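Here, rilpivirine is shown bound to Reverse transcriptase/ribonuclease H.
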Amino acid sequence: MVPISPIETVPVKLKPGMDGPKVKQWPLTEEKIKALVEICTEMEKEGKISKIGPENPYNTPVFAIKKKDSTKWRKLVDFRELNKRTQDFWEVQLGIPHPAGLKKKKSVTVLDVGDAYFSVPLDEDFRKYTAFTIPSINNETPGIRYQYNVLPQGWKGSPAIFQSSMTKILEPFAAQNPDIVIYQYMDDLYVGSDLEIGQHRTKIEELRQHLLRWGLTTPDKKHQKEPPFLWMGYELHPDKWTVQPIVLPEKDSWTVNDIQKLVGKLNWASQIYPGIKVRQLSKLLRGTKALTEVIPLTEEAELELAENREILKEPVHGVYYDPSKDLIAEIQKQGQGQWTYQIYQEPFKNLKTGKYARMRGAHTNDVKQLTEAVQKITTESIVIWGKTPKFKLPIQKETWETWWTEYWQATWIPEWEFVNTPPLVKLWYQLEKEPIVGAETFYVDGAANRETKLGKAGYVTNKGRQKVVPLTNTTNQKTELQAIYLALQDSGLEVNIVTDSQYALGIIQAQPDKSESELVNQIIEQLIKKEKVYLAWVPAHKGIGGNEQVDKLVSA
Amino acid sequence: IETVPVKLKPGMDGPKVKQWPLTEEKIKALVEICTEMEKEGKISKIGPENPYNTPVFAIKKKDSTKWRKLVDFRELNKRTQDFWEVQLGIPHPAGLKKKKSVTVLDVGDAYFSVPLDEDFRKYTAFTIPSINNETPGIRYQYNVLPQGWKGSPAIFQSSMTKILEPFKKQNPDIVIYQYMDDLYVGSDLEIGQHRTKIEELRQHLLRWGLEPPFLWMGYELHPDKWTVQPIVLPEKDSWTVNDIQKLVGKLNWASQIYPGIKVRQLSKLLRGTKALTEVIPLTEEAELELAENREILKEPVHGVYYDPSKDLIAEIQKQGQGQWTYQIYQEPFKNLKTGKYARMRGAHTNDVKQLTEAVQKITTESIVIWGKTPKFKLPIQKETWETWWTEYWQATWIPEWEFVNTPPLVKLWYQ
Ligand SMILES: Cc1cc(/C=C/C#N)cc(C)c1Nc1ccnc(Nc2ccc(C#N)cc2)n1
Ligand SMILES: Oc1ccc(Br)cc1
Ligand SMILES: [Mg+2]
């Protein structure tokens with residue numbers, strides 16, 4: 001024989017303080033027992049399981065299931081209890097490769113490594129915890145006791161310990177063959193390269209020789225799977241990729257669950273289909289989670305669905321990554337807090353697409369949203385390609401400079417260039433830094449009784465202009481905004497406004513262009529129509545003229 | 001060479017912190033660094049039975065072309081036992097902040113000479129990720145004292161004091177302080193002199209070493225020229241209504257810090273409903289109240305004390321024009337230090353780089369004065385900060401931070 005190098009064992013422990021499982025073996029029919037005995041005898045013949053004495057106190061239940069439409073029986077060892085007691089492992093599969101980060105390959109061969117999976121040795125000191133019992137015929141003899149010597153399917157550590165063992169076996173080959181890529185998915189190895197088919201097929205042979213050093217045999221009759229590959233919801237081709245077919249169903253009535261699965265498909269599709277939108281359809285699942293409830297689709301949501309159907313009419317494909325070229329990312333504003341983007345290297349050949357949605361917030365503006373989208377694409381691009389793309393953004397360079405220099409927070413967007421494709425992001429208003437000479441000065445105030453919710457809002461000005469409005473179902477905070485609104489409504493194109501509302505200044509200092517509050521929205525509308533607005537803050541109840549007069553008018 | 005036993009704190013597991021995305025250039029740098037650390041025995045590859053993780057990235061220290069590996073041990077440092085065995089804690093030298101010159105040296109390479117308790121190594125696990133997760137991340141753990149771990153200076157303390165004994169006996173007026181991987185060396189000498197004693201000090205550890213990649217560097221400070229920000233009020237010959245409104249606002253704010261501040265006579269000038277740009281003459285009662293407020297503001301704040309058992313808090317405001325103001329305190333309105341920057345380096349068009357440099361300078365200031373780092377309240381959205389701060393970081397430690405999402409009115413009063 002040819003000496004084989006052994007697979008080193010990973011030391012395994014149970015969670016601290018936890019002992020092994022001691023689960024009762026459920027009664028089985030005489031026909032399932034004889035099926036399990038034959039199955040386990042052959043597993044024993046192959047070195048997978050070994051019979052144990054009666055000293056081992058642990059046990060895990062075993063079942064017999066009929067492979068349907070077959071007289072064949074299949075074994076199921078239910079390790080649910082042992083898994084709860086087994087330590088946590090490092091999981092490498094958590095990050096899945098994105099197809100848009102892959103490279104073009106001329107050839108991709110698949111090798112079956114199932115031989116290796118069911119043949120990775122298990123830590124000798126952990127085997128006892130995998131004990132199970134075949135019941136005896138008529139319970140007149142002791143059940144047959146066995147323990148695993150290999151990695152048990154359904155055990156918590158089997159996927160991680162298999163991947164780590166395979167990776168360690170392959171690392172020397174990969175390092176010394178930098179002309180190929182190797183990827184392990186389930187019990188298959190995928191080997192890709194750009195070599196001529198003969199040079200490539202030699203590498204595969206060489207990889208088979210390397211694997212034989214650990215006794216790992218690969219089927220000679222080469223795999224049936226061939227490009228395209230159906231994987232993690234994608235279609236992988238040699239020189240392009242896409243998502244598996246996206247079919248939006250026809251439905252006369254839509255239910256909560258149906259909308260959730262519609263949005264899920266749209267989200268999945270949005271990574272290569274440009275312009276997918278889901279705002280109005282997601283609005284339908286606000287707050288409610290009764291899967292069986294029917295929600296009438298609003299006109300807005302029917303339009304969004306109709307728009308999505310026409311985007312999904314025909315297949316779209318992405319190209320793979322060419323490291324020798326820059327990455328470009330282009331963003332468009334879609335409305336109602338929705339943003340879409342495309343990442344490409346040569347014009348009209350997208351690597352991938354995507355979308356970003358306005359975060360939940362009382363107030364917002366387009367510049368902040370555009371900034372957040374840039375950060376998201378930047379982070380996604382670091383993951384997929386390891387570098388930041390150059391950005392093409394629908395915002396003038398002058399608009400960005402004015403926003404960043406004057407915004408109270410630090411903010412930054414990476415290298416970018418203006419792309420003149422409406423709708424453009426712009427600043428809708430900008431407050432003055434100094435008081436305006438010649439502009440009327442409005443001293444505003446409001447107040448509300450906390451019991452009755454009755455209040456007043458108003459102003460007094462240096463020209464003797466005055467207004468007080470009685471209000472119902474209001475609050476101090478609402479009356480303070482109403483006062484500012486009244487001053488804007490009644491003033492000319494240039495106005496100085498003096499408020500004592502820290503609340504109102506916090507909001508306006510945040511420079512919103514749309515809000516949850518229709519009152520803030522009315523204020524924004526008024527600000528947009530002014531030429532110059534200076535907003536001044538003073539502390540309340542300090543004898544400041546103007547502010548003192550109107551405070552007493554409104555808190556009466 | 002015999003390991004000190006190290007434990008986590010009671011009822012506390014090891015860190016399980018996700019590795020954040022790394023650029024291609026940082027990955028390739030870390031692969032090269034870790035390959036040569038592995039050959040030198042400093043780290044070893046680990047298996048899947050180790051589920052712990054601490055994030056890693058790479059930086060370029062101030063004025064260096066060579067990548068430095070930086071592990072973010074913030075979580076492990078929180079969960080690591082406190083080291084009060086041999087010393088309840090070296091008392092923090094209050095004289096360091098009073099020297100004319102303080103040079104900071106990276107002595108972290110010395111830690112690699114001491115083995116790490118073999119039962120604790122698992123908790124130092126880290127991962128070198130691959131672009132697009134196309135290959136399994138490279139998993140390592142430390143066999144020696146890691147840089148950035150709070151236990152490294154503690155375990156190496158005994159060794160450091162003996163290395164430095166000949167230099168300390170020959171130079172008794174020098175104050176030497178160790179924080180994490182940094183050595184702060186303060187003197188009152190002429191800088192030409194100063195640089196030569198620093199070079200003398202570097203030799204002691206090359207001698208003992210017999211190579212450290214960054215020991216040759218020197219970050220020179222001058223804590224005796226450090227400036228502070230008292231509250232100052234404008235001196236004007238013509239006060240507009242708006243000017244007086246801003247004055248009364250600022251004085252009202254100051255009255256939370258200083259008891260005897262008054263604004264009654266100044267408010268009295270506003271009587272009526274006047275245009276914001278109208279000039280108001282000060283009456284003599286307002287001028288006196290204002291003068292009395294000026295003299296209050298020249299005295300220290302009452303009841304301000306440092307407590308080493310409480311967190312330091314650092315707030316920063318963007319003032320524009322590359323200018324930043326900051327305050328360090330433990331209790332509201334009881335500032336222990338205030339300051340202002342404008343010299344932020346190579347960042348005239350990058351606010352986030354400026355802020356990152358300000359955070360580092362403030363943290364350095366805090367280390368020198370109190371021997372620990374403050375918790376920052378940063379005027380930035382978390383997503384913007386988290387995406388970029390690592391690109392401008394040049395220190396070997398990392399403080400804690402939270403995000404300010406509502407604009408503070410106090411910005412006006414510190415400008
Ligand atoms: C992640 C991955 C999944 C599969 C397959 C999983 C499955 N099922 C196959 C391979 C070889 C890889 N690994 C890599 C690594 C770098 N570039 C590529 N490019 C690449 C991959 C497949 C096709 C095709 N057809 C074309 C190019 N693949
Ligand atoms: O020979 C081997 C079989 C399986 C693995 Br996983 C690693 C090596
Ligand atoms: Mg009031």
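So you know, we letter chains A, B, ... as the sequences are listed, proteins then strands, and number each from 1. As the structure lists them, so they are numbered: ligands from 1, and atoms in each ligand from 1.
The structure holds rilpivirine at ligand 1. Going by heavy atoms, the other chains that come closer than 4.0 Å to rilpivirine (ligand 1) are A, B. Using a 4.0 Å heavy-atom cutoff, A:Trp241 is absent from the residues neighbouring rilpivirine (ligand 1). With a cut-off of 4.0 Å, there are no other ligands or ions near rilpivirine (ligand 1). Nearest-heavy-atom check against atom 25 (N) of rilpivirine (ligand 1) across A:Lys240, A:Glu226, A:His237 picks out A:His237. In the deposited entry, the molecule designated chain B bears the name p51 RT. In this structure, atom 17 (N) of rilpivirine (ligand 1) lies nearest to the protein heavy atom A:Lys103 N, 3.3 Å.
Counting protein heavy atoms only, atom 9 (C) of rilpivirine (ligand 1) is closest to A:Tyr190 CB, 3.5 Å.
With respect to atom 5 (C) of rilpivirine (ligand 1), the closest heavy atom belonging to the protein is A:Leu236 CD1, 3.7 Å. The nearest protein atom to atom 28 (N) of rilpivirine (ligand 1), hydrogens excluded, is given as A:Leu102 CD2, 3.7 Å; this is a heavy-atom distance.
Atom 12 (C) of rilpivirine (ligand 1) has A:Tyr183 CB, 3.4 Å as its closest protein atom, hydrogens excluded (heavy atom only). Of the protein's non-hydrogen atoms, B:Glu134 OE1, 3.7 Å is the one closest to atom 16 (C) of rilpivirine (ligand 1). Site of rilpivirine (ligand 1) with heavy atoms closer than 4.0 Å: A:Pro97, A:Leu102, A:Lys103, A:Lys105, A:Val108, A:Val181, A:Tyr183, A:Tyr190, A:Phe229, A:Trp231, A:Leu236, A:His237, A:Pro238, A:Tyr320, B:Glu134.
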